[PDB]
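Each remark here refers to the structure printed beneath this line.
Note: chain IDs run A, B, ... matching the order in which the sequence lines appear. The numbers used for chain A are those of the PDB entry, and the residues that appear cover 1-374, in sequence. We're sticking with the PDB entry numbering for chain B, so the shown stretch reads 1-355, 360-374, in order. Note: hydrogens, waters and symmetry copies are ignored here, and every other heavy atom, side chains too, is used. Both ligands and their constituent atoms are indexed starting at 1 by order of listing. Quick check of the header: X-ray crystallography, 2.3 Å.
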Amino acid sequence: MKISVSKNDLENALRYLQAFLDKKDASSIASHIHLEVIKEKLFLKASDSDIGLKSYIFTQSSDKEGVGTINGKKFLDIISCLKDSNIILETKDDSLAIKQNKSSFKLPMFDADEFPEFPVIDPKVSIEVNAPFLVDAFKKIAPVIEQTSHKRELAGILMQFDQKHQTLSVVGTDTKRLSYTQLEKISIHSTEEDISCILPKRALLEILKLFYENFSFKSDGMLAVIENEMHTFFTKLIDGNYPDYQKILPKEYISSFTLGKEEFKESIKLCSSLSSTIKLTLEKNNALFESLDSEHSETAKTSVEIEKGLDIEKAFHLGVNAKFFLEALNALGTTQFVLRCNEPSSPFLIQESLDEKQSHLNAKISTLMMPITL
Amino acid sequence: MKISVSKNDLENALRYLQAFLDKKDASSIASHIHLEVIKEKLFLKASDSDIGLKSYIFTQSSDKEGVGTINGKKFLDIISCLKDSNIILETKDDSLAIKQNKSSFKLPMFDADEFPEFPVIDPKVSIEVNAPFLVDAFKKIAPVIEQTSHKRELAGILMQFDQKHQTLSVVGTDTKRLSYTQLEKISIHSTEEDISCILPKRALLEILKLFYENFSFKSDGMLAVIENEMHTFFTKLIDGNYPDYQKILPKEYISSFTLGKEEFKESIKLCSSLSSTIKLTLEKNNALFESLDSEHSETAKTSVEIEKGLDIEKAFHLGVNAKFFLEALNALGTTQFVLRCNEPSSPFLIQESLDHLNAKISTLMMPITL
Ligand SMILES: O=C(O)c1cc(-c2ccc(F)cc2F)ccc1O
Ligand SMILES: O=C(O)c1cc(-c2ccc(F)cc2F)ccc1O
């Protein structure tokens, strides 16, 4: 192996690959990145059976093609200490030499056959993603997903494909809040009419680092593979049947109040200094907030005026988890939000203002939430 | 007590007091700020026996004088979440009320009499600091002082006052490196011709957050008290004798090299990617750097051209600790540095080239063998 590459190209590829390495035992191949030069490209990959990344960068010059490995952490540390000019990488019998002007480094390579095979699938489902809407939905939904949840399938995010109606539904929950969206007019190529892929939280968080728009998503009902111009990412799916979210959603809502998002954030944040739960009191022209499960002797109260009068005969009292209410508001792209309610003891919905209106670039995430009693 | 104060003034004051609170036990008065209104001022204190800060802010309107307390962490959290308009603070029995228009809060107070009284000293030494030299010395030397030092007097920074010749010496060490400076022409008032104060690392760090120039330093040999227009700070001193740092320093050096600071920083940083220690080779027109305690078959090499020839016939070899060498260079204000050596196994010195507003820190360092 012998090549020249751009320092910036190489450093960037190495940063992304860090999260796929077990870095603590430097003597194990699990701490190494597999290297392969083929034609005018350097391929770098770090993976195991469950999750992995294969990246590539263009060579500036190419002299010998071949394979090798190198400790990924030490490789990034070295490159980040160099100038922004080309770097010469060259093997010397199970050792990689790294050269930039007057600086030179040797690191040992391991057997490249000890690296696991990068998997390849025959897809049952595939889409092209040319806009930010899907990763937006992933980013907005992620905070409600618990990796340690009891129900196996709730520890990841749900992607439910309806190729008949051309919708991709994206759903996450911890049983206390459920956040969802239904992305429209998605060109879904599938052998099945309805197929479900559950991505583990771990993999979801890596997808947010690696992709934005202009990538493909493919799956065979076992693995998910995602690819853009630079990267090929894969993860194993979570096996099982994610519960039907549409049967959990209430049919109708008695009341639907249009309220100020930032005003509600401020007030809830303010009251949550002393308590994880809050008592919300909605009147015709006011919203009152009080700390609820604070230690005794501690109180925090505030209110806010509602100019555009709510349809409230009396006074609606709702106990809410502060953090969960905030995160639901944080997932909304509008300046106002709709709070849809039945009784104080039953689930309530938080969603954007004009949620039925169609969007292109971003997802609209709605959140159903169990209230606190009293 | 009752007082209407500015949100930002109160917020800012509370942020500074956080480091002086033991926040983990909220049932302890160590987690509380002492509040007192007197005339046009709200005084806020956070302290124990060992360290403390007293601050104040102003009111413009009528108030009521009195005392009270409040959990300092909870108070900051509340005030940081409020709007940028006036905040009314008022005691109501054993509770502090906070009011900003539609927002209102009550928090339990503890007995203000349990609050440790803020110390007043009869100073045996005092200085007026009207320039950043001292805090500059503190900042530059602080990294060599380990707070977890098992030898007690080395856990703090030395301030050695020489009344007779108007010099303040400031010194830190961990036994592997010793960093020092002699601050000339300082108006020292003191009841002895020589006196020494050792400030704990803890306190040294807080001083850097609070003070810069235009402050007084005072001590009675037991507490240090530092004061500006805004704040009064104190700390307990570390008791015992700081070792004679002056007898440690070599009298003469066989070799003295004037070298580039940033180039050495870069080359050492580069080699320290694979090692904690480095082998330095100085030749007439070259400086070579190699990783030394790197693992089997791991190597990092680089070199730098020295345009102005060094004064050596045979190449000089020196093993160094990378991090200690870097921090010694980080303490220098000049673009070049003087490295002074005897044998490769003898202590070596780093200092500025060509040694009002900045202190000059020299660092003496034990080398690594081979
Ligand atoms: O099994 C469960 O108890 C359960 C509960 C919910 C759920 C119900 C009501 C609500 F307001 C929010 C939720 F996340 C969502 C999913 C789920 O599996
Ligand atoms: O305990 C010690 O032996 C000891 C050693 C030093 C010291 C000696 C030489 C040197 F190059 C650096 C040092 F910090 C400085 C202070 C000190 O107390």
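- The main partner of ligand 1 in this structure, judged by heavy-atom pairs under 4.5 Å and named as in the PDB entry, is DNA polymerase III subunit beta.
- Choosing among diflunisal, bithionol, probenecid for ligand 1 gives diflunisal.
- Other chains, heavy atom under 4.0 Å from diflunisal (ligand 1): A.
- The source species given by the entry for chain A is Helicobacter pylori.
- Ligand-side atoms of diflunisal (ligand 1) in range of A/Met369: 11 (F), range being under 4.0 angstrom from any heavy atom.
- In this entry, no covalent bond from diflunisal (ligand 1) to a chain is modeled.
- Using a 4.0 Å cut-off to heavy atoms of A/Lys176, the atoms of diflunisal (ligand 1) that qualify are 12 (C), 14 (F).
- When non-hydrogen atoms are compared, diflunisal (ligand 1) lies under 4.0 Å from the side chain of A/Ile248 (C-beta onward) but not from its backbone.
- In summary, the atoms of diflunisal (ligand 1) found under 4.0 Å from a heavy atom of A/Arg177, numbered by their order in the structure, are 14 (F).
- With atom 7 (C) of diflunisal (ligand 1) as the reference point, the heavy atom nearest to it among A/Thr173, A/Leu249, A/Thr175 is part of A/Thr175.
- At a heavy-atom cut-off of 4.0 Å, the residues contacting diflunisal (ligand 1) are A/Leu154, A/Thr173, A/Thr175, A/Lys176, A/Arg177, A/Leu178, A/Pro243, A/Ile248, A/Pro347, A/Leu368, A/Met369, A/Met370.
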